[PDB]
Q: 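For discussion: a PDB structure holding silmitasertib.
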Amino acid sequence: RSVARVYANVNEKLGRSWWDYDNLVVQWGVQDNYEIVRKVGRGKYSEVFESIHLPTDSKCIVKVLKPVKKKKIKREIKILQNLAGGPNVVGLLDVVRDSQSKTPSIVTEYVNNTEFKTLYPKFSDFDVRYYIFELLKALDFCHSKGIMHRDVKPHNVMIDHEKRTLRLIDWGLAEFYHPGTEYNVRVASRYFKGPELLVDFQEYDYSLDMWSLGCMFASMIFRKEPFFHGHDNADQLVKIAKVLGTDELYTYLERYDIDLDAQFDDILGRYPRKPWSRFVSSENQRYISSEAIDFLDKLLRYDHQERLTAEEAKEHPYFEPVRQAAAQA
Ligand SMILES: O=C(O)c1ccc2c(c1)nc(Nc1cccc(Cl)c1)c1ccncc12
């Protein structure tokens, strides 16, 4: 049915040794070369600890993984190996496991993040352009390697504001794109879920990540976190519909032959498109420009095939100051 409009054939060209994570053989490192110092975070899927690589006395992260499905371990490790050297992708340092339990751990680089709720309001207009551009380099890189992140959100984007460095982290939901594959629609955080996930459209692609980027960008320039605040998955679609409008939703549904679940009959009304300018306020207007609105408009589309590619997104006039400043060094 639907096929990605860029990078559709990447996994075809690279072959089984790139994407066949089921047959991954890990060359496990020495667990005793690492010392766990302090827990920094817990996920649904993991626990993250500040650690030391003892031989070099260097600071690093140990991410202990306990998913009920083992192939999710292999998938995360294969993608992290494949993205080696990628710009702004979190660096894999090692993979180790407990000798008795066989519980695996991923070792990554440590990043001194400032939490996004503190960090995002301190950004200038230029900072938003700059960090979105850096995030675009990581998404263009993984898409060009046949990989969808599927969990793009502020929590998975680590920024060292002092060093002006960015890392896209937590590749645990990431997956290889294979033309015509039916993917699980139970991916991403509710506020960052694309319409395709909300209406059970399974033939999605890299363009899912561009919707999620659009939700992050909206929250940064309008200072509303999260931008689409649904109380549940059905409500998430209503919140989107109350901004993009029900007219563009219905042609999209017709275009991809999607039938809405009967649950939407009572809760989904007819809404006109709310123009982007209505979200402009005294507090957020320092982020706002016609280039910014134009950029956001071209990310937040129902139709995944209408959204900018990460590569098109880097060519947008919004990033002209960032491209100019980079050209000065
Ligand atoms: O998943 C990864 O690849 C992943 C990779 C690197 C980090 C991480 C998650 N989580 C961090 N912190 C964090 C903060 C709150 C909750 C959770 Cl679970 C974790 C963190 C901190 C400093 N440097 C690197 C990381």
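Heads up, chain A uses the PDB entry numbers, so what you see runs 5-333. Determined by X-ray crystallography, 2.1 Å, according to the entry header. Whatever order the structure lists them in is the order used to number ligands and atoms, beginning at 1.
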Q: Which macromolecule does silmitasertib (ligand 1) make the most contacts with, named the way the PDB entry names it?
A: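 Main partner, per contacts: CMGC/CK2 protein kinase.
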Q: Nearest protein heavy atom to atom 7 (C) of silmitasertib (ligand 1), by residue and atom, and its distance?
A: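 Result for atom 7 (C) of silmitasertib (ligand 1): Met162 SD, 4.0 Å.
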Q: Considering non-hydrogen atoms of the protein only, which is the closest contact for atom 8 (C) of silmitasertib (ligand 1), and what is the distance?
A: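 Checking every protein heavy atom, the shortest distance to atom 8 (C) of silmitasertib (ligand 1) gives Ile173 CD1, 3.8 Å.
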Q: Give me the nearest non-hydrogen protein atom to atom 17 (C) of silmitasertib (ligand 1) as residue plus atom name, then the distance to 0.1 Å.
A: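 Scanning the protein heavy atoms, the shortest distance from atom 17 (C) of silmitasertib (ligand 1) goes to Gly45 CA, 3.4 Å.
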Q: What protein heavy atom sits nearest atom 10 (N) of silmitasertib (ligand 1), and how far off is it?
A: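 Checked against all protein heavy atoms, atom 10 (N) of silmitasertib (ligand 1) sits closest to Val52 CG1, 3.7 Å.
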Q: Just need the protein heavy atom nearest to atom 23 (N) of silmitasertib (ligand 1), so name the residue and atom and give the distance.
A: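 Nearest protein contact, heavy atoms only, for atom 23 (N) of silmitasertib (ligand 1) is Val115 N, 2.8 Å.
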Q: Please could you name the atoms of silmitasertib (ligand 1) that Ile65 approaches to less than 4.0 Å, counting only its heavy atoms?
A: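 The atoms of silmitasertib (ligand 1) under 4.0 Å from a heavy atom of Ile65 are 23 (N), 24 (C), 25 (C).
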Q: Heavy-atom contacts with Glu113 under 4.0 Å: which atoms of silmitasertib (ligand 1) show up? List them by number with element.
A: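 With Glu113 as reference, the close atoms of silmitasertib (ligand 1) come out as 24 (C).
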Q: So for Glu54, does at least one of its heavy atoms come nearer than 4.0 angstrom to any atom of silmitasertib (ligand 1)?
A: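 For silmitasertib (ligand 1), residue contact (heavy atoms, under 4.0 Å) with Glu54 is absent.
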Q: Do any nitrogen or oxygen atoms of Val44 come within less than 3.5 Å of a nitrogen or oxygen of silmitasertib (ligand 1)?
A: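 It does not: no N or O of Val44 is found under 3.5 Å from an N or O of silmitasertib (ligand 1).
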Q: Can you list the atoms of silmitasertib (ligand 1) that are under 4.0 Å from a heavy atom of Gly47?
A: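 Counting atoms of silmitasertib (ligand 1) from 1, those under 4.0 Å from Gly47 are 18 (Cl).
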Q: Report the nearest protein non-hydrogen atom to atom 6 (C) of silmitasertib (ligand 1): residue, atom name, distance rounded to 0.1 Å.
A: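 Checking every protein heavy atom, the shortest distance to atom 6 (C) of silmitasertib (ligand 1) gives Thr112 OG1, 3.5 Å.
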Q: How close does the nearest protein non-hydrogen atom get to atom 2 (C) of silmitasertib (ligand 1), and which residue and atom is it?
A: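 For atom 2 (C) of silmitasertib (ligand 1), the nearest protein heavy atom is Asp174 N, 3.3 Å.
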Q: Among protein heavy atoms, which sits nearest to atom 1 (O) of silmitasertib (ligand 1), and what does the distance come to when rounded to 0.1 Å?
A: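 Protein heavy atom with the smallest distance to atom 1 (O) of silmitasertib (ligand 1): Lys67 NZ, 2.8 Å.
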Q: What does the entry give as the covalent anchor residue and atom for silmitasertib (ligand 1)?
A: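 There is no covalent bond to a chain.
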Q: Could you walk me through which residues contact silmitasertib (ligand 1), taking a 4.0 Å heavy-atom cut-off?
A: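 Heavy atoms under 4.0 Å: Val44, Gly45, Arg46, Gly47, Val52, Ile65, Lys67, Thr112, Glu113, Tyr114, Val115, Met162, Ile173, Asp174.
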